[PDB]
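Featured here: a structure holding relebactam (bound form).
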Amino acid sequence: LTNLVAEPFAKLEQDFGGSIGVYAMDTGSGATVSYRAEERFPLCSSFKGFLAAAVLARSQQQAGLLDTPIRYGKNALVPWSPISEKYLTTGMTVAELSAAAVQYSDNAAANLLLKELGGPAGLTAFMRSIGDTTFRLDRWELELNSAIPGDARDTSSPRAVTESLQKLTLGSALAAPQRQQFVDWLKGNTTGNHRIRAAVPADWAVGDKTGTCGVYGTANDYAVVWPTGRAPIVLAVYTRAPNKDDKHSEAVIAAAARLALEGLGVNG
Ligand SMILES: *C(=O)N1C[C@H](NOS(=O)(=O)O)CC[C@H]1C(=O)NC1CCNCC1
């Protein structure tokens with residue numbers, strides 16, 4: 001059921017000047033679209049969705065966790081912390097940091113939550129606990145964005161991202177209340193309007209998390225999409241390119257998402 005219908009991903013990535021990795025899963029039939037799906041790509045900010053899921057999993061064993069107020073100093077505010085900078089003088093709850101990390105890609109929030117989990121290895125351990133043997137987080141913000149060609153640090157594959165996203169949003173990896181909270185955070189993302197969402201009709205529900213390393217043409221998005229009248233679709237689109245100064249493209253991500261939906265026979 002993989003690649004029943006071929007799609008022109010090679011032409012797309014050639015025009016982009018790099019590599020595109022796509023995995024998409026029709027959760028009803030099990031049909032998939034797969035292109036470079038087992039190659040590694042840098043996560044960039046996209047690890048923050050899984051980070052929030054890991055916090056929610058922890059909160060199943062610690063009922064007070066989400067409501068815990070976290071204070072932080074100015075030294076915690078690394079570049080691109082649009083929410084946590086507004087609450088420097090007050091603090092934010094763990095839930096609020098999680099929402100900020102997911103929905104605004106807040107870097108300070110992400111580092112504060114990584115500390116809660118025992119750092120990159122703690123997040124990696126959570127991913128292992130749900131059966132993901134590919135994911136690895138190695139570094140913190142901002143160093144995890146280096147996106148060096150051939151460097152496996154801070155990478156996963158489109159396939160493993162999609163498989164893990166499915167487990168967390170639709171499967172049983174989270175308890176039902178936590179699962180719905182994760183979904184709701186993804187649905188409220190503000191940074192993805194020009195990526196997978198641009199390929200998804202407005203009358204379908206969708207949650208996503210983006211990433212943009214800023215070098216090596218490296219950017220990404222993953223999403224859970226609910227077309228009306230059929231089972232949900234899970235998909236991941238990752239990009240990279242050979243040169244440090246190569247630019248990312250949101251349009252290429254949206255175009256790859258459209259090809260994936262077309263390959264699954266999902267009318268969009
Ligand atoms: C994540 O990839 N981020 C955080 C933020 N928005 O994330 S996104 O998914 O909407 O793109 C800005 C881009 C990126 C990030 O942390 N960029 C840093 C800029 C400075 N150099 C290190 C990377």
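Residue numbers run from 1 in the order of the sequence given. Values reported hereafter were calculated over all heavy atoms of this structure, with side chains retained and with hydrogens, waters and symmetry mates removed. Atoms within each ligand, like the ligands themselves, are counted from 1 in listed order. This entry, so its header tells us, was determined using X-ray crystallography, 1.0 Å.
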Quick one: what's relebactam (bound form) bound to in this structure? I mean the chain with the most contacts, named like the PDB entry names it.
Carbapenem-hydrolyzing beta-lactamase KPC
Protein contact of atom 10 (O) of relebactam (bound form) - nearest heavy atom, named by residue and atom, plus distance
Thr210 OG1, 3.2 Å
Closest UniProt active-site residue, chain A vs relebactam (bound form), heavy atoms, 1 Å
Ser45, 1 Å
Specify the organism recorded in the entry for chain A.
Klebsiella pneumoniae
Point out the residues of chain A that UniProt assigns to beta-lactam binding and that have a heavy atom under 4.0 Å from relebactam (bound form).
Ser45, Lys48, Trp80, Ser105, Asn107, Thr210, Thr212
Indicate the covalent partner of relebactam (bound form) (residue plus atom), or none if absent.
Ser45 OG
Nearest protein heavy atom with distance in Å, relative to atom 6 (N) of relebactam (bound form):
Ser105 CB, 3.3 Å
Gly211 touching relebactam (bound form) at heavy-atom level, < 4.0 angstrom:
yes
What protein heavy atom is closest to atom 19 (C) of relebactam (bound form), reported as residue, atom name and distance in Å?
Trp80 CZ3, 3.3 Å
Report all residues and nucleotides of other chains within 4.0 Å of relebactam (bound form) (non-hydrogen atoms).
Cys44, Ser45, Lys48, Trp80, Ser105, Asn107, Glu141, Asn145, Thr191, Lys209, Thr210, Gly211, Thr212, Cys213
